[PDB]
Asker: 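Below are the structure tokens for one structure; questions will follow.
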Amino acid sequence: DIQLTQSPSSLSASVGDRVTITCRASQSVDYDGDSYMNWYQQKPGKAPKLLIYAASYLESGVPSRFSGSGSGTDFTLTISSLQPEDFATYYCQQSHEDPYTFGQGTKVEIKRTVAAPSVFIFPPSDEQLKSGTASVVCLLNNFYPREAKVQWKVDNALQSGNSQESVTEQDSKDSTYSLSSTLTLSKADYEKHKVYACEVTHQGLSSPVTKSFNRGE
Amino acid sequence: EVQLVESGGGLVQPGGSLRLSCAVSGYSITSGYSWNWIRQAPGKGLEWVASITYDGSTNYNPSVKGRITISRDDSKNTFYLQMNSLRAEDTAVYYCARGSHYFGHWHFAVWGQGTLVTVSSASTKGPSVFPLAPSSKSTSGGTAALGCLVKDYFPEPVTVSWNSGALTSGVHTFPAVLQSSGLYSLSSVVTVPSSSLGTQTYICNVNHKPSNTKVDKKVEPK
């Protein structure tokens, strides 16, 4: 099989900057004056979208800031000026021979100015408590960069190992991320304690932000 | 416009078989140069697995050749994927895709939406849906956050909309996490004007097709 290796595997670039992704094939994808390398853009939750075919042809409807070059074993996808909607994983694909193979993917995000999260906390619902479990949810909304630290405290005891978190894709509307963390406790443990706090550290905050509630009030 | 719509995803036991279909609309299936299946394991890249060209010739990736069949039903304008002896490596989103009559054929300009196949021995379980009520502790300025917690389901996926799809601004539906119980959990939140909480209804619409569980949950201040 023809193996395709992309470089880099991920990059972050200021909005409007030029971005270059390279693909190297383990053997030539040239045939009779054309080069059979293709490029796709895959946005989160979506099927890949074809950008470039036969190494340098722009697919209909694709913006002209995307272009492809190269021949033989070495190919480049260029975004001439990165736009906020261009957050995606980009894949090369050879169509010179079966099995048709894809590179491993290059993740591209827009590097915007630092933005601190808005932090919100949700106690467990009474409906859930009826069932014997309590989930406490902390939301960090609209922040940049993606790196953030959430610490749970219950009556000032640091919780470790009983929470999970999840981060959205970069939002093209403002190039931010959001994050949800869930602390899970038994109902009996939840009813044994009073103060529930989520403490957030992030580059946009000069000191950590704590959102908390008191069970009951 | 040509549209490709996959069906047949969901949970399959290891050693079982999958049967997927791709219904083509807005385009006659006999006019395509080739029809294809391409799959993507969670968080991994893309693997072409099978093609059928307009003359009916089929071809398979040797990574799965021997337990895969592609076929077409022109009268239903549909083509199919069958795979047997499934293993955990086969858990993936399966896409259908159309090849081209031009420029070497084997690049894919038209794709379906993908359907997730999960190969596991576990049982289907539909979710519980709990409110994330707006309160003083979920307010910043004149903005309030509220949401729904979609807890303890298997397999993926679940879809969440708000107000039947009419509410899209400020919505963030998070990727599900797999709990140590073997069940998924996810949350969907929306930020809205604090002044709307008394007057605007907010309903989250949850659908877990693997268990045929649909829930509409009204979320209001506590």
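Labels below follow one simple rule: chain letters A, B, ... track the order of the sequence lines, proteins then strands, and each chain is numbered from 1.
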Asker: What drug do PDB records list at chains A and B?
Answerer: omalizumab
Asker: How does the deposit refer to chain A?
Answerer: Omalizumab Fab
Asker: Which name has the entry assigned to chain B?
Answerer: Omalizumab Fab
